[PDB]
> 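Here's a structure for you.
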Amino acid sequence: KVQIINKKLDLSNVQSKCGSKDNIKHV
Amino acid sequence: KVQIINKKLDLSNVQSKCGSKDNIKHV
Amino acid sequence: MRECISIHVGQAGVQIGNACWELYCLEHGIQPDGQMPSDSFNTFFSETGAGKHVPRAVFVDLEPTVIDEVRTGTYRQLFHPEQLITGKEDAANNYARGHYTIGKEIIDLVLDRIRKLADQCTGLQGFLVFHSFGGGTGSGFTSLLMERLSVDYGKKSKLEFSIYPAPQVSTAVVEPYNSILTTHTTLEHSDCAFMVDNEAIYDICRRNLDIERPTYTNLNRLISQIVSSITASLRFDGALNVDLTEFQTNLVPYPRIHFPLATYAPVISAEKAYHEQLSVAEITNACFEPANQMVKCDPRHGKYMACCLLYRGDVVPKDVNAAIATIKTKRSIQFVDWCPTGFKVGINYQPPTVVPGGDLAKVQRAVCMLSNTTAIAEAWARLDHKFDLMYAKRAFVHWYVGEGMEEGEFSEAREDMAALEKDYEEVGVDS
Amino acid sequence: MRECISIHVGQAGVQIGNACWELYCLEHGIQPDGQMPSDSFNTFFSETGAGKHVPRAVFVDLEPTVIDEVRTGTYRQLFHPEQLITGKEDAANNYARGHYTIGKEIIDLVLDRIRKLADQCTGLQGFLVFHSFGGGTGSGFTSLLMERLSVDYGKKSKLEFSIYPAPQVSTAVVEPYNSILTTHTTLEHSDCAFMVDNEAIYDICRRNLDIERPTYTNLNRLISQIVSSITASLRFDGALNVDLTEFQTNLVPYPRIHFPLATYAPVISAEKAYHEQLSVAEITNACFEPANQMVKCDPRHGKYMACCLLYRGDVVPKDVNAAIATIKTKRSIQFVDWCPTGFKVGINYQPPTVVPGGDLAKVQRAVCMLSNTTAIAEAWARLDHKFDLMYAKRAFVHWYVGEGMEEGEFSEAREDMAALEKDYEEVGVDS
Amino acid sequence: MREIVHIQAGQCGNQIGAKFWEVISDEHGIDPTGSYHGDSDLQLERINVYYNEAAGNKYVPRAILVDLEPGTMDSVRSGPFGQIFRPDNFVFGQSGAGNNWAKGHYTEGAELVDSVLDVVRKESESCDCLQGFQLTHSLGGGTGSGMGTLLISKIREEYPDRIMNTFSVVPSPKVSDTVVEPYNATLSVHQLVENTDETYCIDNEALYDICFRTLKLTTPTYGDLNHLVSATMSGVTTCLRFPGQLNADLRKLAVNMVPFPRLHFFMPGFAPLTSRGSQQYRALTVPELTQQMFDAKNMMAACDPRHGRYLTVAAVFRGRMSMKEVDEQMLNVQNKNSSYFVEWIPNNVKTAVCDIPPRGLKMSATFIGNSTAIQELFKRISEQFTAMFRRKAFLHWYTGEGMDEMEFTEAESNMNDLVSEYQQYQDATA
Amino acid sequence: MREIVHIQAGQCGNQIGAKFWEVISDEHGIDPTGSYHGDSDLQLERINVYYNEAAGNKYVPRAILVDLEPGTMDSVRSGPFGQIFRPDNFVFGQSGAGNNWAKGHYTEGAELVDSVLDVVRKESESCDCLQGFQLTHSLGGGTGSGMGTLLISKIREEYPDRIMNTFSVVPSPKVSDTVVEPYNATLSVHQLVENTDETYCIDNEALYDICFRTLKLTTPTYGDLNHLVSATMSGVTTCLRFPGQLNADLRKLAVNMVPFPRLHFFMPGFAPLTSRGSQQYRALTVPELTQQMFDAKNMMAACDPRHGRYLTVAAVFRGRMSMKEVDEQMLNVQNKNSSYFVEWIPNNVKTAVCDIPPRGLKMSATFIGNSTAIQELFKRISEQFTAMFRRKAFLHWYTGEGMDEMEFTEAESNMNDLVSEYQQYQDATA
Ligand SMILES: CC(=O)O[C@H]1C(=O)[C@@]2(C)[C@H]([C@H](OC(=O)c3ccccc3)[C@]3(O)C[C@H](OC(=O)[C@H](O)[C@@H](NC(=O)c4ccccc4)c4ccccc4)C(C)=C1C3(C)C)[C@]1(OC(C)=O)CO[C@@H]1C[C@@H]2O
Ligand SMILES: CC(=O)O[C@H]1C(=O)[C@@]2(C)[C@H]([C@H](OC(=O)c3ccccc3)[C@]3(O)C[C@H](OC(=O)[C@H](O)[C@@H](NC(=O)c4ccccc4)c4ccccc4)C(C)=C1C3(C)C)[C@]1(OC(C)=O)CO[C@@H]1C[C@@H]2O
Ligand SMILES: Nc1nc2c(ncn2[C@@H]2O[C@H](COP(=O)(O)OP(=O)(O)OP(=O)(O)O)[C@@H](O)[C@H]2O)c(=O)[nH]1
Ligand SMILES: Nc1nc2c(ncn2[C@@H]2O[C@H](COP(=O)(O)OP(=O)(O)OP(=O)(O)O)[C@@H](O)[C@H]2O)c(=O)[nH]1
Ligand SMILES: Nc1nc2c(ncn2[C@@H]2O[C@H](COP(=O)(O)OP(=O)(O)O)[C@@H](O)[C@H]2O)c(=O)[nH]1
Ligand SMILES: Nc1nc2c(ncn2[C@@H]2O[C@H](COP(=O)(O)OP(=O)(O)O)[C@@H](O)[C@H]2O)c(=O)[nH]1
Ligand SMILES: [Mg+2]
Ligand SMILES: [Mg+2]
């Protein structure tokens with residue numbers, strides 16, 4: 001008469017926060 | 001009611017691995 | 001001159017602080033009663049009265065038993081009575097209790113004591129903080145305290161010597177929850193965090209020191225040796241001096257990557273000291289072997305971003321240069337391409353001091369090694385995995401929620417952790 | 001300067017190593033504890049501490065019994081504790097266990113110790129390996145170690161001291177399998193491999209030393225004297241020095257024929273010493289009798305390909321030249337036509353040292369002789385014959401197969417041996 | 001600072017309390033007259049957790065004695081250690097429940113609960129920083145079960161943020177001491193599952209098995225059983241009275257051991273247990289203690305953990321040790337028995353170490369396990385309940401006190417729901 | 001380190017084990033109370049192979065007591081060296097096999113094997129690096145044969161890589177102590193040929209002959225026979241306890257003595273055996289030991305090796321000697337007796353030398369021969385078995401335990417195949 005307390009856990013999309021890609025276009 | 005595994009082992013031909021005869025025809 | 005303030009919180013922090021202060025008193029020739037039997041040690045000890053030196057320390061806990069052990073120990077007449085602050089009920093391994101419910105009762109008193117201690121200093125340079133991730137009091141109150149400090153001071157540096165959870169060894173069930181929450185809330189409020197693993201120190205003690213019963217005393221003694229080697233350049237003088245600020249300037253390439261790993265050398269026993277000559281080259285080599293790192297992670301799985309070496313005692317700069325060059329040529333270690341120069345070196349004249357009745361042999365030179373590498377990313381992933389395993393079924397969540405922690409916070413932390421992992425993967429790729 | 005590393009594997013290797021190191025310590029005047037009671041011996045001993053010398057030795061075995069015998073003997077405080085490496089279960093006269101199942105457990109640790117010792121040397125030139133063909137640990141782990149060493153280094157020399165199985169005396173039933181397998185594996189990884197035969201040394205002790213109870217101590221003392229005569233040119237200066245590389249450059253004409261034979265002279269007892277005024281010419285003559293050879297095979301059945309002479313002590317080069325000329329003109333021995341100049345000669349000042357409690361008298365001159373001869377081919381044939389006698393009915397084969405070794409491997413080994421026999425008969429034919 | 005209030009109810013509770021207080025007084029060096037005669041300072045630095053201090057060094061245990069009949073407490077008072085307890089803590093009625101849950105819960109409890117509440121309030125006002133409450137009772141009895149449930153409910157209404165621990169005696173699977181044992185038992189859990197923070201289950205059959213098989217005792221009496229139970233009780237709370245390398249109080253155990261609010265039933269165990277002669281044949285090492293932990297025959301409840309999966313485990317060690325050895329033993333146990341642990345809880349094990357060993361021992365060990373196998377116990381009870389409820393046997397005794405069959409139905413349904421939850425939590429689902 | 005777990009089953013197993021443990025304790029200098037009163041460090045250096053060290057300088061043998069009747073091990077417990085053993089290792093039933101293979105293998109063994117396996121597991125996990133298992137029993141008894149086969153099969157399933165060694169008292173050729181020994185012998189070899197690494201065969205008749213002929217003993221008892229068997233056991237397992245110039249362990253012997261998986265039945269022997277009056281007239285030299293060992297009369301099994309040809313030989317010398325003499329004696333034996341060795345195996349002889357002199361004389365030597373002549377024994381049993389199976393005598397005694405004639409047919413067919421293999425391995429074919 002009872003059900004397990006289960007939830008759909010997922011980490012869909014997470015982006016990097018450090019800006020190491022900003023200056024890669026510098027000459 | 002059991003026969004043993006007797007193998008016809010033989011070393012028919014084996015060729016030497018040293019290259020002593022390579023320059024026997026040298027002048 | 002330059003002054004450093006030490007904070008020890010929780011059981012692990014308090015015990016590590018006890019070992020550290022015993023080591024400092026022994027090294028500076030100060031008796032346990034605060035008197036000198038016979039002066040750069042103004043960095044750690046202040047002068048009060050007639051010849052009495054009082055350490056600049058704050059001891060905080062929400063549970064009085066360990067501090068009571070301190071108050072009745074050999075160093076009872078050493079610490080200021082008001083520097084030992086105690087609560088009544090501990091956080092009970094609950095991050096929310098030590099952060100929201102129990103922490104806020106004494107956070108103001110702790111801040112008042114810290115302000116009173118800091119106003120005396122004229123050249124304050126930073127704060128030392130010792131704590132553990134898994135504990136409730138440790139993680140919760142440390143996170144709250146660092147938030148308050150970063151708001152109050154901001155410019156002064158802040159350092160941690162935290163106990164990272166071990167991959168297999170554990171002493172709690174709610175460990176991943178507290179670890180993830182405290183890492184998420186301390187990521188933006190710290191400058192450098194040195195982490196060690198109990199399992200790694202156990203392996204070190206078994207393999208090198210040949211000790212089959214390594215109680216917590218030996219682990220704390222090793223950690224205190226590392227802290228002493230870090231602060232030696234402040235407490236003494238040498239051919240090349242490094243203060244606290246240079247550490248964060250040289251080891252932290254990005255604000256979100258400040259988790260170096262701390263090792264030490266030479267860790268050998270008394271009997272094997274005779275069969276080995278502790279030269280600079282060989283101890284430098286030993287500092288880089290994976291079997292000597294004091295966090296259970298393989299450096300060969302990642303790349304070093306920055307490395308820092310601190311030498312003590314009989315050391316010649318040419319030998320240091322030669323050993324570093326030899327390490328650089330070797331291809332067993334990897335360095336990121338965007339960091340052509342990846343070493344910061346310091347040399348000090350004062351050799352290490354062996355605590356009587358201890359386990360380390362007497363040597364004339366020693367090395368402390370800190371590395372900021374992507375090999376730690378794996379560890380992070382592991383923790384996250386465990387968090388997920390326990391969060392898909394809402395296990396133990398009610399304990400935290402009943403203390404005022406809204407559920408979504410957990411998700412936030414996990415999200416942040418994922419991003420942090422991505423960060424490492426972005427900087428571990430060459431261009 | 002030039003450095004050498006000694007490796008001892010298995011029971012035979014460890015016991016021979018103990019005898020050799022006792023002899024070296026006596027020669028260089030080093031007390032059993034490592035001190036000196038009063039220096040070209042940096043080749044074998046490394047300086048450490050305050051005048052302590054540590055041998056550059058590594059001891060490997062899969063059973064702790066013999067290594068524990070060493071660890072509690074008189075020379076317990078001489079060896080570095082980490083250089084004595086032990087497993088938990090021996091190969092039990094099984095090549096597969098020592099090569100595949102058990103050896104792979106500690107091969108990595110052995111290599112780590114090897115590289116740690118090697119990095120300490122500046123002019124390392126080669127490794128010495130002591131082992132036995134007949135045993136499981138010896139043969140299997142030696143083959144694995146030679147594979148790893150050849151892969152890692154490649155250019156440094158690798159000399160071999162091995163106990164060839166005796167033609168009649170045997171101490172195991174599976175000797176042919178192990179011998180054939182290890183010879184097939186190591187045939188292309190050993191630069192040079194001298195051999196000794198227990199039966200031949202028994203015969204020598206009976207005939208010359210007048211001893212009827214020759215325990216293994218006497219045989220190991222003889223072998224230690226031989227290896228001392230080999231390495232004296234490194235350890236002492238002489239009128240004509242011979243390095244380690246010169247041995248292989250002068251005694252191996254083809255990469256597959258690197259199996260010389262080792263003898264020694266003079267081998268006399270104390271009582272007969274007074275009745276013989278020993279001279280260079282007579283010693284050189286004595287080194288060429290079949291009865292004085294330390295491998296139970298008749299050199300008169302084959303032809304020499306290269307000979308190496310190492311003289312010690314009171315030796316005059318003109319007498320050496322005269323004796324060697326007389327040997328050359330004597331037609332009872334034969335030399336291959338394609339080697340008109342078949343002698344290398346080295347001379348050293350330091351005479352051999354008599355170990356007290358030993359069984360050899362004191363002489364002022366000694367000779368060590370190594371001859372690469374085709375007469376060893378017969379020995380191989382005999383071994384092969386035995387292998388066939390045991391392989392037609394697949395006796396004991398399941399023991400090897402159950403450890404992962406595929407059956408076809410056996411065939412390869414046997415076929416390889418056949419080729420080797422052909423090789424010898426190809427170069428033993430003049431033209 | 002953390003102090004604990006002790007409560008005993010019924011014959012079982014009073015006997016266990018007497019043995020527990022004798023053991024505690026022996027540990028702290030207190031003579032039966034209440035005057036300290038110890039030999040160490042550690043016995044007095046944390047004496048206030050259990051003992052109030054009276055005028056003249058006399059120490060009064062912070063205990064309360066409750067029963068609906070005077071016989072048991074008269075035996076307690078006239079016996080040894082009868083003068084330590086303050087006479088004002090002896091509360092009793094004159095009727096007795098007579099194994100009737102309704103009688104002890106609705107009629108006599110209604111008379112005695114006000115006095116017991118006055119006593120607990122007076123005790124708690126003298127408290128400085130209360131850690132929680134500890135209760136000892138049995139489920140199969142009338143006054144035990146009824147007054148235990150009533151008191152627990154009233155206090156949970158009074159102090160909801162404190163800690164409740166109960167050491168209950170759940171009915172045995174083979175031989176029963178009371179015919180109406182099922183009814184009461186069910187009517188007890190329907191309250192406990194809603195009002196108790198954590199609860200340890202005890203079976204007399206398991207204790208008999210341990211005494212006969214391990215201790216080699218030919219004639220085990222209730223004295224030995226209460227001895228073992230008191231040993232476990234003292235082992236649980238040792239970290240509040242003596243310093244150690246790693247401390248753990250009641251709240252820490254509750255956090256680490258209760259994943260969900262309805263699953264707070266544990267199976268305790270103790271180690272080492274040896275006879276008078278066999279102790280010379282075996283070593284006192286941490287691996288031995290750890291092996292005595294995870295022994296299906298060493299558990300103090302008649303449920304085989306092998307039939308189910310552990311949820312959480314606590315190991316509390318006493319005596320000087322090496323932490324590395326403890327963690328290596330825990331790792332080995334987890335790795336070898338990996339089929340007995342839930343997949344959704346990594347690191348099932350919590351560890352505590354205390355420096356001071358029990359008086360006369362080098363080291364000791366207390367095990368607490370939260371295993372799903374306990375559901376079997378509940379299931380069995382439920383079956384018997386309905387086996388007697390279809391025929392309405394013995395029902396007029398309970399319904400003559402004010403209850404109605406709807407209460408029985410509610411209790412049965414709640415028991416079934418708890419069993420369903422316990423069974424459902426054995427699914428990997430990943 | 002390399003450690004051995006010792007198992008004894010049945011009357012013969014218990015008696016031989018008691019004598020063997022007394023011999024080992026005297027060799028290692030341990031008093032009957034279990035406290036080390038030795039005089040050398042080598043006695044304690046490798047004590048862990050057989051003993052576990054308990055608290056207080058006590059050593060407990062790593063032995064298991066298994067029987068289906070309590071009389072034998074009650075005698076063991078009440079006698080001398082009875083307090084040395086751990087009481088928990090004594091496992092007894094209450095019925096007994098009654099010389100019935102089926103009863104001990106299917107009905108009583110089924111009940112006892114679980115407890116025995118639990119004790120064995122507890123002993124094994126307490127070890128560091130287990131080397132193998134060793135068992136002592138007979139084939140003509142019910143309990144010994146049945147429970148030994150059952151335990152061997154179960155352990156081989158549990159640990160398929162360890163070493164199983166057995167000392168089995170095979171039936172005597174002339175005088176039989178039981179009427180139904182052929183059935184039990186066949187049903188036991190049918191399992192030994194599949195689940196045992198190696199087995200040494202000992203015959204009571206040959207031991208009687210040894211004591212009456214060589215030792216000049218007028219009234220031999222089972223004490224002398226078990227003394228001889230214990231001496232052989234100690235000689236076999238001496239390289240694990242004391243250092244030597246050339247040493248060999250159990251795995252080395254198995255590799256060097258078992259050419260094929262179905263041929264692991266050896267004949268042991270010991271030297272020197274001499275009377276008190278003759279010890280003054282003979283000189284203890286290596287050639288004398290070698291001549292005594294390779295003697296038909298000196299064999300501990302009632303088979304003449306001159307009828308067949310040896311497959312392999314193991315010689316474990318002990319004491320201080322010169323291996324030049326050892327090897328010259330081996331060569332002399334091989335050349336003189338070249339008609340008794342198979343041609344398809346050169347180097348039939350394996351040698352080991354233990355430095356420590358035998359407790360006893362200056363020098364000693366143990367012999368283990370793998371001869372084809374042992375097939376005669378099996379062949380003889382076959383005849384008797386079928387001579388009693390055609391008439392189906394005593395068959396109901398076995399078929400009343402659930403067994404069926406199919407098992408009898410399978411056992412006789414398998415062991416006849418083994419006889420064929422052993423016999424026709426005497427063909428050179430080259
Ligand atoms: C020489 C020796 O070892 O004496 C022991 C003893 O023989 C044994 C058998 C004792 C003994 O215990 C029992 O006989 C016993 C009987 C029924 C139920 C439980 C125990 C002992 O009574 C128990 C007693 O233990 C203590 O004193 C502990 O501190 C214990 N206290 C009491 O039992 C106690 C007795 C009287 C009054 C007050 C307390 C304790 C244990 C856990 C937590 C707190 C206290 C001691 C050392 C012994 C005896 C006397 C035989 C054991 O007791 C414990 C729990 O330590 C039984 O298991 C241990 C193993 C011991 O070896
Ligand atoms: C006075 C004296 O020197 O007599 C010796 C002795 O040398 C003789 C008589 C001993 C003696 O053995 C016998 O009398 C005997 C009788 C029947 C069956 C077996 C033995 C001796 O008991 C044997 C005993 O040997 C030992 O020292 C070992 O302890 C022996 N252990 C035991 O006998 C023993 C008995 C009870 C409890 C514990 C140990 C042993 C032998 C082999 C392997 C391990 C241990 C010694 C000194 C002798 C006597 C006393 C006469 C012998 O012992 C062995 C088995 O090597 C018999 O064969 C040799 C021949 C010897 O001449
Ligand atoms: N290295 C080391 N680690 C310790 C020590 N003491 C505790 N720890 C670590 O701390 C973890 C447990 O959390 P604690 O720090 O004790 O928690 P706390 O600081 O007491 O805070 P609360 O949980 O609220 O009581 C364990 O996993 C240990 O690894 C110590 O002395 N040395
Ligand atoms: N000359 C000489 N030979 C030895 C010595 N010790 C052992 N041997 C030889 O070694 C052979 C036995 O094999 P082991 O050397 O014991 O084999 P192992 O290296 O120990 O490896 P395992 O087979 O696994 O035990 C014998 O035939 C001996 O001839 C020694 O001290 N001197
Ligand atoms: N372990 C233990 N159990 C007891 C003791 N006394 C009673 N019991 C158990 O408690 C049950 C009886 O409960 P009881 O106290 O008589 O009921 P009450 O009169 O309502 O309190 C029985 O099943 C007993 O097994 C005791 O001293 N020790
Ligand atoms: N050598 C020897 N043989 C024994 C001993 N005790 C019994 N036996 C033999 O074992 C056989 C009897 O087997 P038994 O052990 O009684 O069967 P079980 O009691 O059912 O296990 C008989 O043939 C005896 O010859 C002993 O102490 N020494
Ligand atoms: Mg705490
Ligand atoms: Mg070996």
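A note on names: the letters A, B, ... follow the listed sequences, proteins ahead of strands, and every chain is numbered from 1. The figures that follow rest on heavy atoms only: side chains count, while hydrogens, waters and symmetry mates do not. Both ligands and their constituent atoms are indexed starting at 1 by order of listing. A fraction of the deposited model is presented, and contact counting is confined to that fraction.
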> Could you peek at this structure and say which chain has the most contacts with ligand 2? A name from the PDB entry would do.
Tubulin beta chain
> Among asunaprevir, Taxol, rilzabrutinib, evernimicin, which drug or drug candidate sits at ligand 2?
Taxol
> Which chain letters have at least one heavy atom nearer than 4.0 Å to any atom of Taxol (ligand 2)?
F
> Specify which UniProt GTP-site residues in chain F come within 4.0 Å of Taxol (ligand 2), measured from their heavy atoms.
none
> What residues, by chain and number, sit within 4.0 Å of Taxol (ligand 2) when only non-hydrogen atoms are counted?
F:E22, F:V23, F:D26, F:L215, F:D224, F:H227, F:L228, F:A231, F:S234, F:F270, F:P272, F:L273, F:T274, F:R276, F:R359, F:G360, F:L361
